> 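Starting off with a structure, shown below.
Chain naming here is simple, since letters A, B, ... match the order of the sequence lines and numbering starts at 1 in each. Note that ligands are numbered from 1 as they come in the structure, with each ligand's atoms numbered from 1 the same way. The deposited model was determined using X-ray crystallography, 2.0 Å.
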2 protein chains.
Amino acid sequence: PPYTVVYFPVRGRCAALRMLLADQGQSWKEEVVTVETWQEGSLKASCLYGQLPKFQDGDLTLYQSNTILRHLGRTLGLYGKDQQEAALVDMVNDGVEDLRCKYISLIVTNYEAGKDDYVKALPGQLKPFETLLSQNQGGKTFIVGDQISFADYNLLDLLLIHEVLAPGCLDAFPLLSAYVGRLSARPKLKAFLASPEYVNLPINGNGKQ
Amino acid sequence: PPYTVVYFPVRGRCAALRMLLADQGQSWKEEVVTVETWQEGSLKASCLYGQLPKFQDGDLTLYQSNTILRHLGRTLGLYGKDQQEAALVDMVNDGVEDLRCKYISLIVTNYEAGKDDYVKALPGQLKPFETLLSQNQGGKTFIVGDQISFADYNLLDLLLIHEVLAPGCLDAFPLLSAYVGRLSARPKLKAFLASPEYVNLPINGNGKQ
Ligand SMILES: N[C@H](CCC(=O)N[C@@H](CS)C(=O)NCC(=O)O)C(=O)O
Ligand SMILES: N[C@H](CCC(=O)N[C@@H](CS)C(=O)NCC(=O)O)C(=O)O
Ligand SMILES: C=C(CC)C(=O)c1ccc(OCC(=O)O)c(Cl)c1Cl
Ligand SMILES: C=C(CC)C(=O)c1ccc(OCC(=O)O)c(Cl)c1Cl
Ligand SMILES: [Ca+2]
Ligand SMILES: [Ca+2]
Ligand SMILES: [Ca+2]
Ligand SMILES: [Ca+2]
Ligand SMILES: [Ca+2]
Ligand SMILES: [Ca+2]
């Protein structure tokens with residue numbers, strides 16, 4: 001620290017890392033980039049891959065939302081107990097990323113025509129995470145092992161936004177459903193999720209969810 | 001170990017982890033899945049996310065190409081010298097993955113109509129990695145720090161397939177151009193890249209490159 005998040009005024013790809021920081025009792029600054037500022041081009045030209053989020057951790061500048069999550073995971077001890085658990089954490093996170101990419105593609109490029117197909121496909125996309133829970137202490141703790149990892153925050157966000165996209169998509173998955181409630185009830189995360197800094201942001205940039 | 005790679009008969013998303021293993025003096029088994037076996041459904045239904053590669057490391061079963069890379073990076077010590085370098089390695093790898101996804105989309109969904117636009121955009125997509133090299137010991141070592149990392153193998157693969165797609169795309173990037181020659185000349189990697197194991201597989205599954 002100090003931590004600074006540089007992003008558009010949306011939840012988007014910063015939603016998980018923010019929940020992680022909040023739940024872990026961390027402070028951070030939000031630096032907001034508007035569409036009009038971004039379009040000027042100067043900040044963009046300055047970004048490693050021409051994209052946001054950009055994250056500052058003291059004198060470390062990072063790009064890439066999953067790099068930020070892994071960095072915070074490593075430095076705050078949210079990466080499993082073992083090298084083997086570490087591997088499982090990554091496997092979960094990469095799964096979350098794949099589905100997030102499909103979600104973003106729908107939202108940004110094909111919402112109206114694509115939604116029906118996406119929703120029909122959704123149970124089979126959610127099922128792997130229910131299966132992972134079923135294989136770890138009866139679904140009663142976390143996605144990997146017996147402590148929270150960065151993948152938990154990422155998966156929680158993915159599940160939250162899919163309940164907005166498709167209300168009741170978790171009803172067929174008792175472990176995922178209970179998991180969402182149990183993690184959302186963690187006191188620091190509960191407060192953050194109720195706070196204007198979360199509540200008063202849209203999920204995406206184009207008005208769709 | 002022992003290591004097993006379960007994949008289609010292509011370089012694809014196993015190309016980097018295979019270079020990594022060969023370069024590190026590791027042996028592994030290739031278990032080949034044909035289009036016909038895959039279409040039968042049994043193996044696919046058994047895969048965590050319904051996809052390949054699948055990787056065995058002794059009694060550990062992994063899915064997700066970047067999970068496998070990070071696992072090998074972690075267990076073989078190809079993950080930077082400290083936590084800050086680990087973050088930089090992830091940042092590189094996540095950048096490589098974004099471009100790989102764009103490349104795969106071109107190849108699979110839009111080769112004929114998309115190639116011109118893709119190739120025009122290519123220098124802007126390659127420049128960040130030239131910049132990273134320029135910022136690390138004048139480009140003379142590795143993408144991050146002074147030791148090879150899993151992201152080096154993934155980046156080298158990305159550069160190799162783009163030279164096939166767009167011959168001469170690296171001519172404007174002297175550090176990237178030299179980096180490709182230098183890593184490819186590493187003795188164990190050199191031998192692997194010249195071997196039937198590599199040479200006799202197509203890059204992708206649809207006859208395009
Ligand atoms: N690989 C992604 C990239 C982030 C990304 O897609 N950024 C978008 C908003 S979430 C963006 O900056 N688009 C603006 C532009 O490309 O000009 C990550 O995980 O951070
Ligand atoms: N997230 C990817 C996914 C792998 C993937 O897209 N697999 C393709 C071949 S490279 C596949 O198994 N397609 C068959 C199918 O979906 O049925 C990874 O990094 O491993
Ligand atoms: C957040 C996104 C997906 C999670 C995204 O793709 C995105 C892209 C461009 C954006 O504006 C900048 C512009 O000039 O359009 C905004 Cl606000 C967003 Cl949210
Ligand atoms: C990444 C890929 C290549 C650029 C890819 O998606 C892919 C998908 C299906 C495939 O066949 C199996 C089948 O019958 O679907 C194969 Cl061989 C590949 Cl390589
Ligand atoms: Ca704050
Ligand atoms: Ca912990
Ligand atoms: Ca319910
Ligand atoms: Ca029901
Ligand atoms: Ca090393
Ligand atoms: Ca040249």
> Per UniProt, what is the name of the chain that shares the largest number of close contacts with ligand 4?
Glutathione S-transferase P
> Specify the drug or drug candidate at ligand 4.
ethacrynic acid
> Write down the other chains that contact ethacrynic acid (ligand 4) with heavy atoms under 4.0 Å.
B
> Can you confirm whether some protein heavy atom lies under 4.0 Å from atom 2 (C) of ethacrynic acid (ligand 4), or whether none does?
no
> With the threshold set strictly below 4.0 angstrom, can you tell me whether any protein non-hydrogen atom sits that near atom 12 (C) of ethacrynic acid (ligand 4)?
yes
> So which bit of B/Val108 gets within less than 4.0 Å of ethacrynic acid (ligand 4), heavy atoms only: side chain, backbone, both or neither?
side chain
> If you restrict chain B to its UniProt glutathione-binding residues, which of them have any heavy atom nearer than 4.0 Å to ethacrynic acid (ligand 4)?
B/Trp38
> With a 4.0 Å cut-off, strictly under, does atom 8 (C) of ethacrynic acid (ligand 4) pick up any protein heavy atom?
no
> Near B/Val35, which atoms of ethacrynic acid (ligand 4) are under 4.0 Å from a heavy atom of that residue?
11 (O), 14 (O)
> I need the nearest protein heavy-atom contact for atom 4 (C) of ethacrynic acid (ligand 4): residue, atom name and distance, please.
B/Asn204 ND2, 3.5 Å
> Give the numbers and elements of all ethacrynic acid (ligand 4) atoms closer than 4.0 Å to a heavy atom of B/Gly205.
19 (Cl)
> Return the option from B/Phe8, B/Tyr7, B/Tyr103 holding the heavy atom at the smallest distance from atom 17 (Cl) of ethacrynic acid (ligand 4).
B/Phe8
> Starting from atom 15 (O) of ethacrynic acid (ligand 4), which protein heavy atom do you reach first, and at what distance in Å?
B/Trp38 CD1, 4.0 Å
> Could you help me out with the residues around ethacrynic acid (ligand 4)? Anything with a heavy atom closer than 4.0 Å counts.
B/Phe8, B/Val10, B/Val35, B/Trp38, B/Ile104, B/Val108, B/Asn204, B/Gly205
